[PDB]
S.K.: 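Okay, here's the structure, questions in a sec.
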Amino acid sequence: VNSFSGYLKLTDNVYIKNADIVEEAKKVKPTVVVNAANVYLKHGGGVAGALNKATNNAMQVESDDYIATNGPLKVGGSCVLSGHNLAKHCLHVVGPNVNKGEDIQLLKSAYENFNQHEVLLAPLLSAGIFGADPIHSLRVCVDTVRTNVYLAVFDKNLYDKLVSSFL
Ligand SMILES: O=c1[nH]c2cc(Cl)ccc2o1
């Protein structure tokens with residue numbers, strides 16, 4: 001049994017809700033929240049900008065030190081950093097950004113990072129300002145992630161479309 005409330009069950013391991021990921025993290029304090037990161041961990045906008053704002057910029061300060069030591073992530077890659085006031089840990093995952101011309105096949109590699117964590121609160125990778133089709137992102141999630149994932153969808157309209165169209 002866990003804390004997550006109000007989710008629709010899509011599969012054995014994937015659950016979805018129309019919710020503010022920031023507000024959901026604040027309520028649940030999950031072990032892992034996933035950030036929709038870029039390779040520079042520059043949390044300007046989208047999910048990343050919202051998560052970082054909710055940490056009062058402490059996520060960005062920590063991320064800048066991580067990059068200064070380790071250099072950029074790979075597209076499809078991840079790192080584990082603090083969850084600050086939102087979660088125990090934040091898994092920063094880089095999905096491909098279609099608005100930069102990145103290979104959408106890297107979306108599966110991105111979701112494979114979730115399998116290193118038994119339970120996660122996450123957004124749909126490469127959705128929103130990363131330019132991918134969220135329906136496709138949900139399909140790759142279901143077909144890749146084997147651990148228990150609780151997906152938060154920002155738009156109510158999009159949430160309803162993802163549920164109605166789910167095979
Ligand atoms: O809380 C949130 N969720 C979000 C989802 C997208 Cl795509 C963008 C900004 C967001 O801020």
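Along the sequence shown, residues carry numbers from 1. Only this structure's heavy atoms are used, side chains among them; waters, hydrogens and symmetry mates stay out. Both counts, for ligands and for their atoms, begin at 1 and track the order of listing.
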S.K.: For ligand 1, what drug is listed?
M.R.: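 That's chlorzoxazone.
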S.K.: To what macromolecule is chlorzoxazone bound in this model, taking the chain with most contacts, per UniProt?
M.R.: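 By contact count, the main one is Papain-like protease nsp3.
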S.K.: Within 4.0 Å of chlorzoxazone, heavy atoms only, which residues of other chains turn up?
M.R.: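 Non-hydrogen contacts come from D20, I21, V22, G46, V47, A50, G128, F154.
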S.K.: Suppose we measure from atom 9 (C) of chlorzoxazone to each protein heavy atom; which comes out shortest, and what is that distance?
M.R.: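 The closest heavy atom on the protein side is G46 C, 3.1 Å.
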S.K.: Find the UniProt domain of chain A that dominates the interface with chlorzoxazone.
M.R.: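 Most residues touching chlorzoxazone lie in the UniProt domain Macro 1.
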S.K.: What residue and atom, counting heavy atoms only, is the protein's closest point to atom 11 (O) of chlorzoxazone, and at what distance?
M.R.: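 Protein heavy atom with the smallest distance to atom 11 (O) of chlorzoxazone: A50 CB, 3.3 Å.
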S.K.: Looking at atom 7 (Cl) of chlorzoxazone, what's its closest protein heavy atom, distance included?
M.R.: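 Its nearest protein heavy-atom neighbour is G128 CA, 3.7 Å.
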S.K.: Return the closest protein heavy atom for atom 3 (N) of chlorzoxazone as residue, atom name and distance.
M.R.: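 The protein heavy atom lying closest is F154 CD1, 3.2 Å.
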S.K.: So which protein heavy atom does atom 1 (O) of chlorzoxazone come closest to, and at what separation?
M.R.: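 For atom 1 (O) of chlorzoxazone, the nearest protein heavy atom is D20 OD1, 3.2 Å.
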